[PDB]
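This file shows Prostaglandin G/H synthase 2 complexed with salicylic acid.
We name chains A, B, ... by the order of the sequence lines, and we start the count at 1 in each one. Numbering of ligands and ligand atoms starts at 1, following listing order. Because only heavy atoms are used, hydrogens play no part in the values below, and waters and symmetry mates are left out as well, while side chains stay in.
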Amino acid sequence: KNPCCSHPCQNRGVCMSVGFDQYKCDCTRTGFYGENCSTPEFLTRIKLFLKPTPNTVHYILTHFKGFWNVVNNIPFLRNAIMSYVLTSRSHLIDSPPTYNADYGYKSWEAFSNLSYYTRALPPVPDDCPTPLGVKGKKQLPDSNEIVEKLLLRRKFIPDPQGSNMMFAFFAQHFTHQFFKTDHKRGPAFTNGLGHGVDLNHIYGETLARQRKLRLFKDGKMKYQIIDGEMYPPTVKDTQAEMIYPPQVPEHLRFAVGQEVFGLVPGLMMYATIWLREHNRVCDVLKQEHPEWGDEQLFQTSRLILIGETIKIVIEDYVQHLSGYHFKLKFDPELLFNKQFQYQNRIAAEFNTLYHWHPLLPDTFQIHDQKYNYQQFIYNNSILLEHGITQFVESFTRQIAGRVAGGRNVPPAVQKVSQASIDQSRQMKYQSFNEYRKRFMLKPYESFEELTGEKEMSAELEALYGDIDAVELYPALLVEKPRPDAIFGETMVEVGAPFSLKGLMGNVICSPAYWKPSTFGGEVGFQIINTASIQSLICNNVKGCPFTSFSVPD
Amino acid sequence: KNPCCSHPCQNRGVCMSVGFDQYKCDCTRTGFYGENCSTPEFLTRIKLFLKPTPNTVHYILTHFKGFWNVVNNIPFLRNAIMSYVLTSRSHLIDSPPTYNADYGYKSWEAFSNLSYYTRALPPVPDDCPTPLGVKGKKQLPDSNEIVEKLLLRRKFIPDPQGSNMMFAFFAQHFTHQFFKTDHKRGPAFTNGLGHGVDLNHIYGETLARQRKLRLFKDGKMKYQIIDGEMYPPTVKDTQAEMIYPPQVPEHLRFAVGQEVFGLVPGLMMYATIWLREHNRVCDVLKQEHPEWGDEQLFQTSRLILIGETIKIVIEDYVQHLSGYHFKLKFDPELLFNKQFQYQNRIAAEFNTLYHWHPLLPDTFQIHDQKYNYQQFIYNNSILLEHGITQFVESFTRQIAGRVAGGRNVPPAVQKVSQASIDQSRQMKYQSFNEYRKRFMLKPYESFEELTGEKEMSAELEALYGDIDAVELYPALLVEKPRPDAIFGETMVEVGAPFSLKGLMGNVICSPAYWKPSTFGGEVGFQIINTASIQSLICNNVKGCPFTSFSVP
Ligand SMILES: *[C@@H]1O[C@H](CO)[C@@H](O[C@@H]2O[C@H](CO)[C@@H](O[C@H]3O[C@H](CO)[C@@H](O[C@H]4O[C@H](CO)[C@@H](O)[C@H](O)[C@@H]4O)[C@H](O)[C@@H]3O)[C@H](O)[C@H]2NC(C)=O)[C@H](O)[C@H]1NC(C)=O
Ligand code: COH
Ligand code: COH
Ligand SMILES: *[C@@H]1O[C@H](CO)[C@@H](O[C@@H]2O[C@H](CO)[C@@H](O[C@H]3O[C@H](CO)[C@@H](O)[C@H](O)[C@@H]3O)[C@H](O)[C@H]2NC(C)=O)[C@H](O)[C@H]1NC(C)=O
Ligand SMILES: CCCCCCCCO[C@@H]1O[C@H](CO)[C@@H](O)[C@H](O)[C@H]1O
Ligand SMILES: *[C@@H]1O[C@H](CO)[C@@H](O)[C@H](O)[C@H]1NC(C)=O
Ligand SMILES: *[C@@H]1O[C@H](CO)[C@@H](O)[C@H](O)[C@H]1NC(C)=O
Ligand SMILES: *[C@@H]1O[C@H](CO)[C@@H](O)[C@H](O)[C@H]1NC(C)=O
Ligand SMILES: O=C(O)c1ccccc1O
Ligand SMILES: O=C(O)c1ccccc1O
């Protein structure tokens, strides 16, 4: 019935019903006119003709290494390039945010209610001819059949880019401070009201929890000392609730900022390292400020660690997955002369696309031991047996799975993968092709074009019938990867805007915050601008083991 | 003992303690350098030497009537001028926000906790030589003594700008959506978590309260018809709680968004009027969109009303207030090629400077009747007796009191005035002069310079001893008014940045929102862009009485 069900408005124009039988497109500031915002005004024809395709730009960034080695070493060029990267990427994000699961039109409820994920595309209206709008069959395919035929791993497919378990667990640990789906009320809702990198997965989401985890001496967080090494405190000692199955003995019930980080020893590894880092920075600041009290020591350490996080994400983590010969830079000053909003709201689609379960290995190799999922899960004694050093050394050397390219989701997390499909349907996601359009990509014209292959594409056809009916999550995981890359085109072109906006949008990157006095002075400031994944481990892990997000060659 | 107690860092530098006896100034992006951020850069001392005083800028805007009168009618020039007015003001506001009453250094707790008012200036550190830091006497003067000698009305002083009761109640009604002090917690905390113009004083602060006030038909808000006229619903009906004394009977306990608007019939008047406007807009939107449901009709009406509010506040309210010949313009597009943050956090100091009690008259005159405070307070019964039309006609013609110049606070609200001073001290406000500097104003060199007068300046020296020890709130009320103006310069040069930032920083003013589809098409969009205080009354008040913010 609803005339906007066909999504007729192109190029980010806004659809609106005008009576029962008609719609109107609001083309305001799209760069297009016409009844569907599909006629480029003169200046847009210029930009469009000159705009190089993402696969073209990816090629340039991933070749000509000698050229990039020069660019990387003349700050003016490196600054200029990193700047354009930042501004052109984040330009694709609505800020202040707009839609959520319950509102396909602008509303104060959608704007102001922080309990919702925001939405990059509005939900499909409730009464449309087909679940995605007007394209596809009256009912979407069985999600289980989708997972089995297209997603489930037959043979482990290693990541060609060489991503390891340090990468995989960093990704899980980092993103779960802002992907905290509140399933008690629905997939549309989040428990992370900071909607960004606030490090609540270390410090706790609420003040009450933070007070349970803090030592209230020297700004430090509570800990226990096992084998001369520092670990998180217990649930018993903190009264900070955690999710642990009954059979987990209480001395192994570690208490950390995020309730679920006891699920995997890989997560508890990072929680332990970051906890050490907090108390390390406390020691540094106390030496620099012996007049300071516990509260200021705590708050300043937190701000610094937020800065470390952001620095490491851009210059080690995003750097790794990009494959760029160009050296990414964390530098808030790049935006001080640019139009940029220092705020962000976590999008549900960003959550969906970050469901990188194919990364997970068939078993976890630590030292000379292999653990299946039954053995690894909720087993902190594994962490204690080997220690963090061995954990880093092993995880640095174990390869992760390729995310794109299909058929690499471990059967152990089958239902998780199916849930991603089901929940996206509950939240009335639009199609994969609509999301490509939303981020200035050409929609795929056929199933074979999407996969670059004849087998899986054929399965997609028999299930979906129309290429415009393929859903966001499955299509991201079966898309043709870029040459020897972990991801396909759409993952990166949709992902990076969400990510870079979230990172640079952080309040500490704003002019009023980005100054030495915010971080306790010059020494504190320096801790941020010299941070790396290697330094994070070297400072907090015994023996200073080598580490990296890729397996050594 | 705190080295930063003297507020050594000038020009918005950041003080930090380095050891028990030493400090360091962070002069980053101040445009200054040196130990105390006192020495200007070349670029800045040039910009400094050629930037005119606000008193000069004020004169220019308040004279040359003939010149401005043609400027107002050339859209290009009006836009350019309005564009600068916006950008210069707002740049004085830290955004994203920084300090609050509990944090004199930047912290995640200060940034993220919305239950606090933010602070334009950090609190005086606890362990300090004097309550204000370093200057002044060991103990501040008795707050009641300040009120009595300097603030209490001895004889009504009318506003020379002619502000009326329509103005005074608009001011109170509009600001009390974002000045909602959580007194149970402390003066440092707010119940207005939206921190701006969200019209929670109409729709309620929470979804739960909103659903008690809504009708869930045609997007409308609940109401009752009394003597053929639309009035807010009751507490009995909505179950939305209100603050009323037991003396008020059930049928007179009107329920509106803001819990305290039962206190004053002038507030309930505006509540009623804005209620009617909402339902009026629903009717318009329904004619345009027969296909729309109740929920979309409600939300779109709300967005439109937010727009009407910002429009009316800038082009009528701040316009009257300013006394400018230039016609201020509400136009979000003026900022689309400027750097500007569409976010805001309500400053405690913004709350304090808005304590404009001297506006209040000796009595309230509705038609042939006069009511003292005791009779007027919580009296919905006399709202029904006269009706909104009569309320508007009367309020338009009754003059308000002058806010600056001292000694014009109604004795009836004496202890409110004292509470304003006490709460300032509880929140550890810095001195008036520090706040002058904070907003790029020359500090006052003497008491006499502050009042331009001999008698009150003498009392201030007896009480405070040092000009650098005078507190923000009393100084604002005794400051030498601008000529024939309601305010002195400090009220304006501090208040306008808070105010314009919070107006233009509203989400509907952002590029993603400022478009006709947001408001249901051009018909809805046009409701915003042609709204005024006179049209708001003509549309929703029987008889379409003339109305203004100044007396006829
Ligand atoms: C952000 O959006 C969320 C999703 O809409 C909001 O969560 C929802 O909040 C509502 C309202 O608090 C809650 O509904 C409530 O329904 C009952 C009435 O509708 C209420 O019980 C009432 O019983 C009597 C009337 O029925 C009345 O006399 C009594 O005083 C109660 O008022 C019941 O307790 C229930 O809580 C939804 O359950 C909730 N939904 C979800 C999925 O969480 C959230 O509030 C929004 N946040 C903000 C700040 O507005
Ligand atoms: C790199 C990303 C990554 C990794 C490595 C990872 C590794 C692992 C892992 C390793 C041993 C296990 C047992 C799980 C198991 C789960 N994951 Co992930 N997950 C990841 C990204 C996500 C995200 C993102 C969500 C949903 C976020 C939310 O809303 O809470 C998720 C959801 C889940 C859920 C809840 C289902 C749902 O929210 O729909 C389970 C259970 N999973 N995952
Ligand atoms: C802006 C103009 C204005 C007007 C016209 C006005 C008119 C009136 C009025 C009759 C019309 C009465 C009976 C009062 C009485 C009060 N006002 Co005002 N007030 C005004 C501005 C304010 C502000 C601002 C606050 C503090 C708001 C907050 O924190 O909630 C305030 C606070 C109060 C308080 C709270 C006391 C405290 O602890 O601070 C009382 C009582 N008053 N006021
Ligand atoms: C914003 O900051 C507020 C001020 O710190 C904070 O309010 C404080 O909240 C804590 C909750 O942990 C309360 O702590 C006490 O609460 C009860 C009752 O006493 C006890 O069971 C606790 O153990 C503890 O003693 C404080 O009373 C409360 N303080 C005030 C002045 O309200 C808010 O919680 C902060 N907001 C957010 C979102 O974190
Ligand atoms: C309502 C009157 C105030 C009562 C409190 C008395 C405090 C001292 O009030 C005195 O009042 C005089 C009136 O013109 C002033 O000239 C004096 O300067 C003032 O100190
Ligand atoms: C957890 O790991 C320990 C070894 O560290 C092992 O002995 C134990 O059986 C494991 N728990 C399981 C497999 O449930
Ligand atoms: C800086 O301020 C301090 C405040 O005590 C003052 O004593 C000192 O002379 C000033 N120094 C300079 C270089 O301005
Ligand atoms: C309101 O009306 C008159 C004022 O003259 C007074 O007699 C009456 O008691 C007042 N009622 C309330 C509830 O204040
Ligand atoms: O930064 C990216 O390129 C990116 C892409 C996809 C998902 C998460 C990401 O950080
Ligand atoms: O708009 C102003 O100039 C102003 C000044 C002081 C207080 C509130 C205000 O809106």
Practice problem: Point out each ligand or chain corresponding to salicylic acid. | Solution: ligands 9 and 10
Quiz prompt | Other chains closer than 4.0 Å to salicylic acid (ligand 10) by heavy atom | solution = B
Exercise. Find all residues with any heavy atom less than 4.0 Å from an atom of salicylic acid (ligand 10).
Key: B/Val318, B/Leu353, B/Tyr354, B/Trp356, B/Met491, B/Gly495, B/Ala496, B/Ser499
Quiz item: Which salicylic acid (ligand 10) atoms, with their elements, are less than 4.0 angstrom from a heavy-atom of B/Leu353?
Solution: 7 (C)
Exercise. Identify which residue UniProt marks as active site in chain B lies closest to salicylic acid (ligand 10), and report the least heavy-atom distance rounded to 1 Å.
Key: B/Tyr354, 3 Å
Self-check item: Numbered atoms of salicylic acid (ligand 10) (with element) below 4.0 Å of B/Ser499, judged on heavy atoms
Solution: 1 (O), 9 (C), 10 (O)
Self-check item: Under 4.0 Å to a heavy atom of B/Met491 - the qualifying atoms of salicylic acid (ligand 10), by number
Solution: 5 (C), 6 (C)
Self-check item: For B/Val318, atoms of salicylic acid (ligand 10) separated by under 4.0 Å from a heavy atom
Solution: 1 (O)
Quiz item: Which heavy atom of the protein is the closest neighbour of atom 3 (O) of salicylic acid (ligand 10), given with residue, atom name and distance?
Solution: B/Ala496 CB, 3.5 Å
Exercise. May I ask you to check if salicylic acid (ligand 10) and B/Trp356 share an N or O to N or O distance below 3.5 Å?
Key: no
Pick out the protein N or O atoms lying less than 3.5 Å from any N or O of salicylic acid (ligand 10), and list each pair with its distance.
from: salicylic acid (ligand 10); atom 1: 10 (O); to: B/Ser499; atom 2: OG; distance (Å): 2.9

